[PDB]
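Shown for chain A, in order and in the PDB entry numbering: 1-315. We read in the header that X-ray crystallography, 1.6 Å was used to get this structure. Counting starts at 1 for both ligands and their atoms, in listed order.
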Amino acid sequence: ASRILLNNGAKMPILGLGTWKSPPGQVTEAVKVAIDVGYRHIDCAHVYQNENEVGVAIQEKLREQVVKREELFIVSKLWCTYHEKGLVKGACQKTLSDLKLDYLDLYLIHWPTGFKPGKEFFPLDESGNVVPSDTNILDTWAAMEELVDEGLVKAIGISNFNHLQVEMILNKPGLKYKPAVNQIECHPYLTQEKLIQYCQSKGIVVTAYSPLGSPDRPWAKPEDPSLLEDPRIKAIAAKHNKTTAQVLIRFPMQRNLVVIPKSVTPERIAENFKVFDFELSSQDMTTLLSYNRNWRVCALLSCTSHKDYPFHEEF
Ligand SMILES: NC(=O)c1ccc[n+]([C@@H]2O[C@H](COP(=O)([O-])OP(=O)(O)OC[C@H]3O[C@@H](n4cnc5c(N)ncnc54)[C@H](OP(=O)(O)O)[C@@H]3O)[C@@H](O)[C@H]2O)c1
Ligand SMILES: O=C(O)Cc1nn(Cc2nc3cc(C(F)(F)F)ccc3s2)c(=O)c2ccccc12
């Protein structure tokens, strides 16, 4: 099936388009092509610096009557420098204005760590350490809850939260809305079995990011493992007469995850969506799980002394 039921009663397309690193001069056409070939979910963020151009594409396809707003599922994230209660609404509204929407289907706390407010997304001290803000996860969560009660967002959730941080919100005193989603890095080198089972056991839907291993990540290094070139995955794909990327996208789907591959290449945008026409076997699934090596695309060194850094913790 194409959508999953969230704990806010709304349905979420299990395939979305990623937009991190999509250049601002190419992402408008990318998103247009994507809606044209079937995508109805777009994953965005303020910090990607391209929400305005994403918005141009959404608005044009709405204007053209290609899709109705109700049929689209638009996700954005609150960046680390806006964790303070007084900054959350304006941050959300900037995102809405740029996307040229009147509401978001889902708004996430992008990372559990609050950073000092300012124009800098990664404010650093003279030694290169990120400068924390003294906000905590629970007060940020209450600010997110207010956005629902103001109708700016239909669903709220979290991203890059470990199981103890998820648990902190679920146990939050006076919790009004549970998180709907936890968006985390997830692929055959970072399989996340424990965090996924915890979240699903609590009726929290998990979205898998970097499902292709983010080959265009700007800190990539030669020695890094490469999913798309892994002979073992290539072989599974060959078995199914599909591309390696198709297998990597279908794998999270079969774990009841949402998956959000990024591309600005029209042929690939289309390729990536043709994943509803084949199945991996249970054996394939366990075999892909066996390639776990606890490897992360996204875990920036300058942030690892933040109190709320999420990846010391086993999960
Ligand atoms: N919550 C967060 O902290 C967080 C963190 C990281 C990512 N995310 C979200 O997850 C999305 C996906 O993750 P990602 O951008 O890191 O990486 P990804 O989707 O794993 O990989 C994107 C890379 O794969 C290439 N590609 C796409 N389709 C391909 C295909 N069929 N065959 C071969 N290469 C293909 C793309 O090239 P072209 O674009 O040149 O086609 C691009 O270089 C992001 O864009 C963002 O929306 C969220
Ligand atoms: O953010 C994206 O969507 C992609 C993303 N990831 N990363 C690696 C990161 N690693 C982190 C670790 C923490 C931490 F919580 F661990 F402290 C907090 C924040 C980050 S950013 C980036 O540095 C980045 C820079 C610009 C735009 C997008 C990103």
Checklist entry - Which of the following drugs is at ligand 2: alpelisib, acyclovir triphosphate, zopolrestat? => result zopolrestat
Checklist entry - Quick check: main partner chain of zopolrestat, as named in UniProt? => result Aldo-keto reductase family 1 member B1
Next on the checklist: Please list, in number order, the atoms of zopolrestat under 4.0 Å from a heavy atom of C298.
Outcome noted: 6 (N)
Item to check | Source of chain A according to the entry | outcome: Homo sapiens
Checklist entry - Taking UniProt's active-site residues in chain A, which lies closest to zopolrestat and at what least non-hydrogen distance (to 1 Å)? => result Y48, 3 Å
Item to check | Heavy atom of the protein closest to atom 27 (C) of zopolrestat (residue, atom name, distance) | outcome: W20 NE1, 3.5 Å
Checklist entry - Which NADP(+) binders in chain A, per UniProt, sit with a heavy atom less than 4.0 Å away from zopolrestat? => result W219
Checklist entry - Among the UniProt-annotated substrate-binding residues of chain A, which come within 4.0 Å of zopolrestat by any heavy atom? => result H110
Item to check | Nearest neighbour in protein (non-hydrogen) for atom 26 (C) of zopolrestat | outcome: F122 CE1, 4.0 Å
Next on the checklist: With a 4.0 Å cut-off on heavy atoms, is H110 in contact with zopolrestat?
Outcome noted: yes
Checklist entry - What lies under 4.0 Å from zopolrestat, among the other ligands and ions? => result ligand 1 (NADP nicotinamide-adenine-dinucleotide phosphate)
Checklist entry - Where on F311 is there a heavy atom closer than 4.0 Å to zopolrestat, on the side chain, on the backbone, on both, or on neither? => result neither
Checklist entry - Can you find an N or O of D308 that's nearer than 3.5 Å to an N or O of zopolrestat? => result no
Item to check | Residue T113 vicinity, atoms of zopolrestat by number, heavy atom under 4.0 Å | outcome: 14 (C), 15 (F), 17 (F), 18 (C)
Item to check | Shortest reach to atom 10 (N) of zopolrestat by a heavy atom, considering only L300, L301, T19 | outcome: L300
Checklist entry - Hey, looking at atom 20 (C) of zopolrestat, which of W111, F161, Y48 has the closest heavy atom? => result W111
Item to check | atom 7 (N) of zopolrestat [closest protein heavy-atom partner, distance rounded to 0.1 Å] | outcome: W219 CH2, 3.6 Å
Checklist entry - Within 4.0 Å (heavy atoms only), which residues surround zopolrestat? => result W20, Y48, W79, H110, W111, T113, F115, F122, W219, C298, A299, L300, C303, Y309, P310
